[PDB]
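Pictured: Androgen receptor, co-complexed with dihydrotestosterone.
Numbers here are sequence positions counted from 1. Each ligand, and each atom within it, is numbered from 1 in the order the structure gives. Heavy-atom basis, side chains included; hydrogens, waters and symmetry copies ignored.
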Amino acid sequence: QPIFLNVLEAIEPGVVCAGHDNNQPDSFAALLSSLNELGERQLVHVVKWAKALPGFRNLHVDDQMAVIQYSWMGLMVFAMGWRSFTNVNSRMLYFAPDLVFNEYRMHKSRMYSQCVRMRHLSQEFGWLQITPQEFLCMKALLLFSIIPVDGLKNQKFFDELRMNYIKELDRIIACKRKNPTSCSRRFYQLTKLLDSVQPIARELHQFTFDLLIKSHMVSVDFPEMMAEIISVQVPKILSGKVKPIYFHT
Ligand SMILES: Cc1ccc(C)c(Cc2nn(C(C)(C)C)c3ncnc(N)c23)c1
Ligand SMILES: C[C@]12CCC(=O)C[C@@H]1CC[C@@H]1[C@@H]2CC[C@]2(C)[C@@H](O)CC[C@@H]12
Ligand SMILES: O=C(O)c1c[nH]c2ccccc12
């Protein structure tokens with residue numbers, strides 16, 4: 001910053017619609033299918049976003065795809081939680097302008113427990129009085145928060161990149177604090193918030209995987225990219241071959 005901050009703010013994705021038909025009565029098939037589609041559409045914005053981040057191209061072409069394919073879920077949840085807080089003060093999950101989840105939908109989606117956790121994450125944005133800038137940095141960092149236990153092709157470039165994004169988050173915290181104790185206190189809070197995202201993602205990873213398996217049974221449509229990623233990338237995470245990077249133990 002100003003350089004770093006300018007970029008993140010300049011590349012922040014715009015509003016993405018789900019294409020849901022809010023005129024038809026709610027149903028598991030319709031709601032989940034809409035969530036899946038929204039996922040596809042968003043995945044495209046995430047790829048272009050990540051491929052605009054400072055130094056992202058320092059990563060091997062294969063690792064570039066790897067990081068996105070593993071962290072998309074977390075990235076989308078953290079971003080969904082930020083929208084819910086700013087647009088409806090966490091009252092409901094603001095997936096998209098045409099896809100807002102109230103208590104009833106949280107129930108009909110059959111993933112109420114997961115909606116509760118995500119909504120709790122949204123509430124954190126308010127309790128911790130997270131700023132738009134702190135949010136942007138954290139989200140950028142989420143892209144580099146999950147890798148295979150055996151590392152990537154060019155692991156070194158990844159470490160350097162992750163290290164630099166952590167440094168940037170530090171400057172964001174320092175560029176608005178006089179006390180040397182307030183800074184350390186904030187960083188602690190932010191890393192705690194970042195970690196709390198992984199557990200929520202894993203539960204969604206397990207849920208979507210199971211849904212994909214019995215998709216044909218429950219009449220739930222899965223976009224092309226979503227189906228491929230969930231049947232090839234997600235399993236690696238659920239089997240322990242790929243794991244998130246926690247700040248705290
Ligand atoms: C070769 C290359 C160059 C840049 C990026 C971001 C990637 C990862 C990447 N690309 N794509 C397509 C092109 C199918 C939309 C992806 N779709 C889903 N997940 C991905 N990680 C990616 C790959
Ligand atoms: C990432 C999405 C879609 C993008 C968003 O705003 C967050 C939201 C979180 C729940 C995901 C959904 C995509 C489709 C999934 C993966 C369903 O299959 C089950 C959980 C859904
Ligand atoms: O700030 C970042 O994210 C950076 C990634 N690669 C770099 C090289 C020099 C300075 C900052 C960065």
Place of dihydrotestosterone in the structure, all copies = ligand 2
request  = State which residues lie within 4.0 Å of dihydrotestosterone, judged on heavy atoms.
outcome  = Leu32, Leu35, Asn36, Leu38, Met73, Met76, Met80, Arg83, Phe95, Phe207, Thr208, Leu211
task = Could you tell me whether atom 8 (C) of dihydrotestosterone has at least one protein heavy atom nearer than 4.0 Å?
result = yes
request  = List the closest protein heavy-atom neighbour of atom 11 (C) of dihydrotestosterone: residue, atom name, distance to the nearest 0.1 Å.
outcome  = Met73 SD, 4.5 Å
ask   = Got an N/O contact under 3.5 Å between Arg83 and dihydrotestosterone?
value = yes
task = Identify the protein heavy atom lying closest to atom 10 (C) of dihydrotestosterone, giving its residue, its atom name and the separation to 0.1 Å.
result = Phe95 CE2, 4.2 Å
key: Top UniProt domain of chain A touching dihydrotestosterone   = NR LBD
message = Mind telling me which species the deposit lists for chain A?
response = Homo sapiens
ask   = Nearest to atom 20 (C) of dihydrotestosterone, what protein heavy atom do you find, and at what distance?
value = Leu204 CD2, 4.0 Å
ask   = Going by the atom numbers of dihydrotestosterone, which of them fall below 4.0 Å from some non-hydrogen atom of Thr208?
value = 16 (C), 18 (O)
message = Okay, next thing: UniProt's 17beta-hydroxy-5alpha-androstan-3-one-binding residues in chain A - which of them have a heavy atom under 4.0 Å from dihydrotestosterone?
response = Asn36, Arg83, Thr208
ask   = What residue and atom, counting heavy atoms only, is the protein's closest point to atom 12 (C) of dihydrotestosterone, and at what distance?
value = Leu35 O, 3.9 Å
request  = Number the atoms of dihydrotestosterone from 1 as they appear, then name those within less than 4.0 Å of a heavy atom of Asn36, with their elements.
outcome  = 14 (C), 15 (C), 17 (C), 18 (O)
ask   = To which protein heavy atom is atom 19 (C) of dihydrotestosterone closest, and what is the distance rounded to 0.1 Å?
value = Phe207 CD2, 3.9 Å
Exercise answer, dihydrotestosterone polar atom pairs (N/O) under 3.5 angstrom:
unit_1: dihydrotestosterone; atom_1: 6 (O); unit_2: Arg83; atom_2: NH2; d: 3.1
unit_1: dihydrotestosterone; atom_1: 18 (O); unit_2: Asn36; atom_2: OD1; d: 2.8
unit_1: dihydrotestosterone; atom_1: 18 (O); unit_2: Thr208; atom_2: OG1; d: 3.2

